[PDB]
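Snapshot of trimetrexate at Bifunctional dihydrofolate reductase-thymidylate synthase.
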Amino acid sequence: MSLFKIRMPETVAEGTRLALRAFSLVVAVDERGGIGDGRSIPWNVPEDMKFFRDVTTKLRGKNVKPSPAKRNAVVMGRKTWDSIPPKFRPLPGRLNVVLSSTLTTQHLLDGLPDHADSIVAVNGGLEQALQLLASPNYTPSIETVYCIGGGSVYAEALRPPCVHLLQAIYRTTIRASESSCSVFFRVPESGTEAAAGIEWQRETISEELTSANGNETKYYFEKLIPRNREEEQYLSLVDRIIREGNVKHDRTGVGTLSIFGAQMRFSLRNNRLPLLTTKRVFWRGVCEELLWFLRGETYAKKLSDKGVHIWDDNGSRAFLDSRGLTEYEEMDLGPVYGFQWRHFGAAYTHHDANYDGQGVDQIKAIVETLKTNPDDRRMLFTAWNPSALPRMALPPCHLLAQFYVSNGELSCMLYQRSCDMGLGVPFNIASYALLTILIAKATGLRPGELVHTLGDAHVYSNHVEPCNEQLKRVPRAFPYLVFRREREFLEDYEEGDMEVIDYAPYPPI
Amino acid sequence: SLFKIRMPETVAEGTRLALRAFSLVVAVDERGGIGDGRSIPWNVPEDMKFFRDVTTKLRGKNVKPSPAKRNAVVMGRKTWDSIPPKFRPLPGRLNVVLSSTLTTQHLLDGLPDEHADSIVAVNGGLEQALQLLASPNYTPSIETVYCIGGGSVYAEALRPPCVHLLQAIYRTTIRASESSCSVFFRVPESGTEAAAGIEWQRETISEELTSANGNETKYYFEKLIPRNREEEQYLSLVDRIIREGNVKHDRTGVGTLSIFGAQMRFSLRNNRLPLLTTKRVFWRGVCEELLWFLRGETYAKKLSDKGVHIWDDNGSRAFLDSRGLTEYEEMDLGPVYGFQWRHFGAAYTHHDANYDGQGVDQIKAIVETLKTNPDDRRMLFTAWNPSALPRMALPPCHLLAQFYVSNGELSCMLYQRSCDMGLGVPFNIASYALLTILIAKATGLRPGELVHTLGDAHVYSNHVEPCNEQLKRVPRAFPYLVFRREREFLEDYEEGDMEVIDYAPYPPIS
Ligand SMILES: NC(=O)c1ccc[n+]([C@@H]2O[C@H](COP(=O)([O-])OP(=O)(O)OC[C@H]3O[C@@H](n4cnc5c(N)ncnc54)[C@H](OP(=O)(O)O)[C@@H]3O)[C@@H](O)[C@H]2O)c1
Ligand SMILES: NC(=O)c1ccc[n+]([C@@H]2O[C@H](COP(=O)([O-])OP(=O)(O)OC[C@H]3O[C@@H](n4cnc5c(N)ncnc54)[C@H](OP(=O)(O)O)[C@@H]3O)[C@@H](O)[C@H]2O)c1
Ligand SMILES: COc1cc(NCc2ccc3[nH+]c(N)nc(N)c3c2C)cc(OC)c1OC
Ligand SMILES: COc1cc(NCc2ccc3[nH+]c(N)nc(N)c3c2C)cc(OC)c1OC
């Protein structure tokens, strides 16, 4: 069963090679927005120093010791490096990236010593640095990148192409003011040319604190984030369902609030992955299940074994019996999803039987069509097989997708009949994002947009309370998907082959 | 007979007698006053002329008004009384008078001595008059209906249920201020409460004119229409495609501007039929094809013999041969659309073969579920069959529909993979409007909403210039579907059974 597989083309890698790495930015400014005199930092505020060290050293997981394996990186201009006393450099617990056209890596090591490799020089600007940090050697070993700046470096961060990779701004405002500030830092206001389409929202602001520096200086911290309209689509819909939805009751008898017919878009460009930030999504499961679908797999134990239990309840003897499927071996789910994708209309017996070259192979057909006739409007697959329906543990929710090509980009539309806004929808968004990414790789195209179409969009009545809390969260920027390695056939791709980078969801509640 | 779907015994709880679409004609002062209770306070002959002309004239070239094809004017009794006996009835128009006292045989009399049968008394308000003018008796003869008023009639015209049938308002403003006016008329402004969710817009306004009554009385005309948000929604999509769409090319190699993924909604409530007004839709064709779909038919000759030729190219000996279908006889389209709806997955041989009981009857199941468990989330039928595809003349374009129930109303969603905005789309909107209306009747629910999902929504390159001219047009209101008779079985509906009322679309784009 090898000639029934999808062969990936020679241009599989350049499809999804990460051009630039996503970064955050950390800065201190006065009320006039000035950042320094061009070689030194004017003010002395120890509480800003503590914040700076903390935001740039600490890692996502709790109590995780920074190490070559997993650490943060700080990127700085040469003059900023010079402003730090040689005794305190390199900054401990972080990878020091220094921008200079006159100083090499080894050259920086001269200066003060006297460890491992905590210093790298880059001949170029911030783009070149983010480019280097995009390579396997730094992705995903380096968890978060911070631009600790220098005027010209901040200047480069705040304009294309870099500004579109800027995920957060951690700004300290010092309430002093003087002539001595020559270099400046200003965040572009919403809807201006300098903003290049981005709309900076305020995530948090601290109360005004006083600095114990002898000068009684006031200061405060702000975290700014780039407005995530895509996730707001989703949040809006949830809010509309609670406010205006109809009370319905699904098969069990559980209450639900329901709206009918809706549509959402998500950009897949430049490695961008629409994993929701207001509530963490179980990505590993998303990844494992799609690959399981793609393979035409119908044995749930293959997911259960890899620690993915989303199909556990639907695969039990108890449930299968209650669907009259009394002859299915436990975890055998019948001709569901993947089977219809790769073997449409094929007669089903048991999971472990051979189904090679049986039924219609819709995925393969689409892959072949995209490569030859990209303008084709029949490029779509479905899992809604009325004949097979009774033989399935469960009817498909996401039952149809159509692909579309424009300017060498692959868009895909998914139609979902029943969409649980709490769990299904976030999961399925990621799922079809991955599919579209993979299919694009398989056809030598770039990812485009994912369009989601919803039928009965519902929120569960007891979920209303949790959901209302989540509505008061401002969506954060989406993470990115990169591939550790490629594989010769499509069906050979494993979860470990790909990595989700810069995923910073909110905590549970 | 046997494998067909039996219609319910009754009309769905809440359904309504068909109401006619009307325009309102009025003369007001700047304070909004229309009269003193029993007469008009001012003398402005130029308004009399405008009133005669707007209510008398028909749509054609020089079509003399006759009992065969004419307009109607609905008025209150007091208004009738105010018109001096020697001018009743108003020539070239059906005169509909509202009165609980006076009958047809009462008003006539009334007049000098010698007689017109262009009069009918109605014992009820404007609603009853609009009901009456929707009768099989009146819908041939009566082309446009005018509300020429009386304060009480205008009031009724401006509130639900009547206000929703108001296609236009022809207001004459007389620039006198008169204290004695005790009866008033205000057109409610967009966004306000009295507007009741209607957005009134000025279509035209005359320059200020002076009357020749020898008082230099200033006056002006304006036409006010309700905004058709839903056709605006379609047009904006068309306009967005032209402005932002990508250049693409169909199978033949013809140019298109296209966009991917869009969604439109249309209301079907009380059998409102979203037939687009800015370019005439071929309704008869839409109707015949749908009933053809519902019956599970696959023989296009059944369609082309009813003078409906949409499937002609796709049915020819030459075309079937090119799709590899050397076995099908001319016009045998294979297991397409209707076949999949009523026999999903059945082996196909020929159009004339018996298919009873074979495959899956998706419609019959959907109908059944709606009747018993309407919160169900599996009430959808697909024509997209990957097994059957290569045996079809054409793969389905509109390929999936989901049903939904809420507040005793049946809504429906349509997925369409390829969307031509000029011809295919407005046609399909009407197809699924009708379907949802029929399925509602079949399951005893009243019609709800049609949601339309578009895949590859496109406009043809050559069709760009004509579209831009259409885009400049202001949308008129949507017509209504009236079933003039009923059937025992859903499959038994002929096109003749249903009448579309008040569909007045624009002439062909020049
Ligand atoms: N307020 C704050 O928290 C904050 C933070 C950081 C820094 N600062 C202040 O900002 C001031 C320094 O600002 P600045 O803009 O003058 O200096 P800078 O950004 O720190 O350094 C600029 C240097 O970086 C290198 N560089 C920049 N772009 C390059 C490119 N495209 N290709 C190759 N090399 C490139 C060049 O070094 P080579 O000449 O060696 O090639 C250039 O001279 C200092 O006063 C510092 O204290 C303030
Ligand atoms: N400026 C203009 O464009 C314009 C146009 C027309 C009229 N007007 C003026 O408006 C004034 C009259 O206004 P109005 O409201 O008092 O009179 P109206 O609307 O013309 O007539 C009211 C009468 O119509 C009948 N009617 C109305 N609703 C009915 C219902 N629901 N069921 C049964 N019968 C119904 C009743 O007659 P019965 O008592 O017999 O039952 C009622 O008394 C006059 O001054 C007239 O000149 C102005
Ligand atoms: C704490 O260690 C030190 C760090 C620095 N770096 C400059 C400096 C200071 C505050 C800062 N604060 C923020 N928010 N962001 C920065 N990018 C930042 C930088 C870049 C300079 C020092 O010498 C004055 C020093 O030793 C005290
Ligand atoms: C049609 O001829 C006549 C009509 C009327 N009816 C009142 C009247 C007057 C102006 C009007 N003007 C407009 N814009 N619309 C009307 N609805 C209207 C009506 C309803 C009264 C008449 O006697 C003075 C008369 O004979 C000249």
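In this entry the chain letters A, B, ... are assigned according to the order of the sequence lines. Following the PDB entry, chain A shows residues 1-114, 121-515, kept in their order. Note that chain B carries the PDB entry numbering, so the residues on display, from first to last, are 2-115, 121-516. Order of appearance sets the numbers: ligands from 1, and atoms from 1 within every ligand. Side chains are part of it too, since the values below use all heavy atoms of this structure and drop only hydrogens, waters and symmetry mates.
In this structure, the ligands or chains belonging to trimetrexate are ligands 3 and 4. The chains other than those of the drug that have a heavy atom under 4.0 Å from trimetrexate (ligand 4) are B. Taking every heavy atom under 4.0 Å from trimetrexate (ligand 4), one finds B/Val26, B/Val27, B/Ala28, B/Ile41, B/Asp48, B/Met49, B/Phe52, B/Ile84, B/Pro85, B/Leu91, B/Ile154, B/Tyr160, B/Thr178. Residues of chain B contacting trimetrexate (ligand 4) are concentrated in UniProt domain dhfr.
Within a heavy-atom distance under 4.0 Å, trimetrexate (ligand 4) reaches the following UniProt substrate-binding residues of chain B: B/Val26, B/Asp48, B/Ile154, B/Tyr160, B/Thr178.
When chain B is restricted to the residues UniProt lists for dUMP binding, none turns out to have a heavy atom within 4.0 Å of trimetrexate (ligand 4).
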